[PDB]
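In what follows, a single structure is set out as structure tokens and then discussed.
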Amino acid sequence: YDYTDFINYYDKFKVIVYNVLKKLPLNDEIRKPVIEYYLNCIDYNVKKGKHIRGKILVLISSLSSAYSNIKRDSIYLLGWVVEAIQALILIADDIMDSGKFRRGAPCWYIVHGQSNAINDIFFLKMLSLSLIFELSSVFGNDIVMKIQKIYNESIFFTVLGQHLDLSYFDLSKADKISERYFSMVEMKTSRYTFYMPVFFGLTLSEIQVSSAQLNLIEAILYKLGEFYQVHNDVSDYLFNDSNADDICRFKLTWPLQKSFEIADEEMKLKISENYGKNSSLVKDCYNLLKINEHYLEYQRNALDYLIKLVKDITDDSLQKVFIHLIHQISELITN
Amino acid sequence: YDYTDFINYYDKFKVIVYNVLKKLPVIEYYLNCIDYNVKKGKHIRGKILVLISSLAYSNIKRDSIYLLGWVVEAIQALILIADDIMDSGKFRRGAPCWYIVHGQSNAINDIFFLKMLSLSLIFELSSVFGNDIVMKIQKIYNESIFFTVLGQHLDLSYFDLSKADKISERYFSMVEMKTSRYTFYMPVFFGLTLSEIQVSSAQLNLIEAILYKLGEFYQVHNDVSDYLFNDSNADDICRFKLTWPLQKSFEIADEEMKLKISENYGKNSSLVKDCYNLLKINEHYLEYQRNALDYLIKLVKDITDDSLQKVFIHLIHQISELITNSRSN
Ligand SMILES: O=P(O)(O)C(O)(Cn1ccnc1)P(=O)(O)O
Ligand SMILES: O=P(O)(O)C(O)(Cn1ccnc1)P(=O)(O)O
Ligand SMILES: [Mg+2]
Ligand SMILES: [Mg+2]
Ligand SMILES: [Mg+2]
Ligand SMILES: [Mg+2]
Ligand SMILES: [Mg+2]
Ligand SMILES: [Mg+2]
């Protein structure tokens, strides 16, 4: 789709941004490249990262209830709010995971120190919170309250998911591993990534009134969800050769859980051991059973399943939005 | 005061968090996070929420209030765990900082826990007071932590000693933002809201003028305690922080001491402190803290409502007692 226009709204978002930082009263503005620090921050973090999720809200927003003026902009804004929200999440993430890189540029916690990273996170959170309260002018009180409730659930869930991700207690005799993993992925990834933006979408959209069987869309966003997380995990096993990444950590991953549904007593002693220590050797075992083989299997049932539940949408017009959605996601994973 | 039983509602406050946690080990993780971080300490800021909220005794939004109080206790704890990382805190409230018992990745993550939680429990007050109140509660919170963060940025963003014509102005400006206003404006302003009191808005900026100096006076002491007792490189000076003492010493030092500070600032805090004592800076807090109180009292004495200068008399009493009955001899 076009989508160039959302992306052009940025500059009114920094207007709308900069036009908050009138925070102190009675001076000639000297103490006040604080306002310059955080515009910088925004260009760096919010101004990179594909803007996948903000797209999804603006996408979903433009079909369920086509717009034509003057709320159109309240949507772009939130879509950049989404992006600002996502960004703060992965600033946090890159810290916890000692990451190096993101959105092309190195990690913010790297450049501006970790102590500043932590402050800027909740800066971005607090601007998002207060920016969401702008809508009330354009969209009315209850439609912003439903937007709140959605912000809260998704960011909270992400926080419990991110907690499982951190949890030091992955064990040897683990046969629920597949269920630890996937249902964490639902929390730490699918909520903010797909649930939040899509469900944002049709608050602003406010149409149509689809209910009851509307657990269907939350069943697609779930799978899109782990579709993503499960692609991001593979690309890590496939595509980084550093002297410490993922399985260096005790990182509950897709190639590790289904190497635990195929491997033997002998293999599962392989993983257990040099996990956290020897990623190459663990990566080797991964090769042996060719992780990206079955990975290529996941993908087609994972698209098959999305496909068939696509053609079960009550909204012929929202049927195709998700088919659009499912399409770019795949492509985006296929790059 | 009591107060008993805002503290005793902590139980009922826990139950409401556990029920937020029907998602569905993590539960027992985060229930202990809150006991570890929220249950522990003086609870001064949630104490303030009720006090102000005290003198419409008509509904059982008296639980509701309490939970808010404990929501306010959560916000300070999740502020402060942030702080202890950024500052290399060792101990807070007599106990190992959270990022220490639970490392940085979790302390960072759990900050997000304490704060979404804050957000959710607030969101569910719509029933008890209804839409307009919550909406307004929602907007103190946003300013309060928003300014706190800017305030925390400034604490991180180091000053220019060389150009210290008025670092004091930075100091007090930073101070009002990183402290005053999640400590004082937010608690006080939540409680002014739940109450819905009659309402002397014109007479607002006065009590607003009070919170400014409740706040100032709060930090100013903290900064001096650190100066007075903290013995390490993990300290104010070694960490190169902008603080009442060094701010004053620049107001109070000849061109000798002041050049001799900005060199050991902040490597050999021993030497930085040596000066203060021969600036006798602890002399200068006391005449501060001395003038702090009456100016709060003058200030307090001008509150019109007369049922709202009451609790603002207890408020002023509480903090000064708090700030004065520390390590004395
Ligand atoms: O694998 P992670 O969960 O750390 C990641 O996917 C980020 N993330 C964090 C929460 N959900 C996803 P990324 O590989 O982008 O660093
Ligand atoms: O000295 P800080 O301002 O960092 C402090 O007073 C905490 N704080 C943080 C913001 N306002 C106050 P603490 O000495 O308790 O670590
Ligand atoms: Mg990561
Ligand atoms: Mg991660
Ligand atoms: Mg990853
Ligand atoms: Mg500190
Ligand atoms: Mg500090
Ligand atoms: Mg201090």
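Protein chains get the first letters and strands the later ones, always in sequence-line order, with residue 1 at the start of each. Indexing begins at 1, ligand by ligand and atom by atom, following the structure's order. No hydrogens, no waters, no symmetry mates; every other heavy atom, side chains included, goes into these values.
As for ligand 2, the drug there is zoledronic acid.
Here, the chain sharing the greatest number of close atom pairs with zoledronic acid (ligand 2) is referred to in the PDB entry as Farnesyl pyrophosphate synthase.
Other chains making heavy-atom contacts shorter than 4.0 Å with zoledronic acid (ligand 2): B.
Residues of other chains with a heavy atom under 4.0 Å from zoledronic acid (ligand 2): B:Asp83, B:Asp87, B:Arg92, B:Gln152, B:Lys178, B:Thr179, B:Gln219, B:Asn222, B:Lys241.
Remark: minimum distance from atom 10 (C) of zoledronic acid (ligand 2) to any protein heavy atom is reached at B:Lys178 O, 2.8 Å. For zoledronic acid (ligand 2), the atoms lying closer than 4.0 Å to a non-hydrogen atom of B:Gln152 are 9 (C), 10 (C). At the top of the distance list for atom 11 (N) of zoledronic acid (ligand 2), counting protein heavy atoms only, stands B:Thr179 OG1, 2.5 Å. In summary, the atoms of zoledronic acid (ligand 2) found under 4.0 Å from a heavy atom of B:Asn222, numbered by their order in the structure, are 1 (O), 2 (P), 5 (C), 6 (O), 13 (P), 14 (O), 15 (O).
The deposit names the source of chain B as Cryptosporidium parvum. With hydrogens left out, the protein atom closest to atom 16 (O) of zoledronic acid (ligand 2) is B:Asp83 OD2, 2.7 Å, a heavy atom. Some N or O of B:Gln219 is nearer than 3.5 Å to an N or O of zoledronic acid (ligand 2), by distance alone. Interface of B:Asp87 with zoledronic acid (ligand 2), defined as ligand atoms under 4.0 Å from a residue heavy atom, comprises 4 (O). Within the listing of zoledronic acid (ligand 2), atoms 1 (O), 4 (O) sit less than 4.0 angstrom from a heavy atom of B:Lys241. Scanning out to just under 4.0 Å from zoledronic acid (ligand 2) turns up other ligands and ions: ligand 6 (magnesium ion), ligand 7 (magnesium ion), ligand 8 (magnesium ion).
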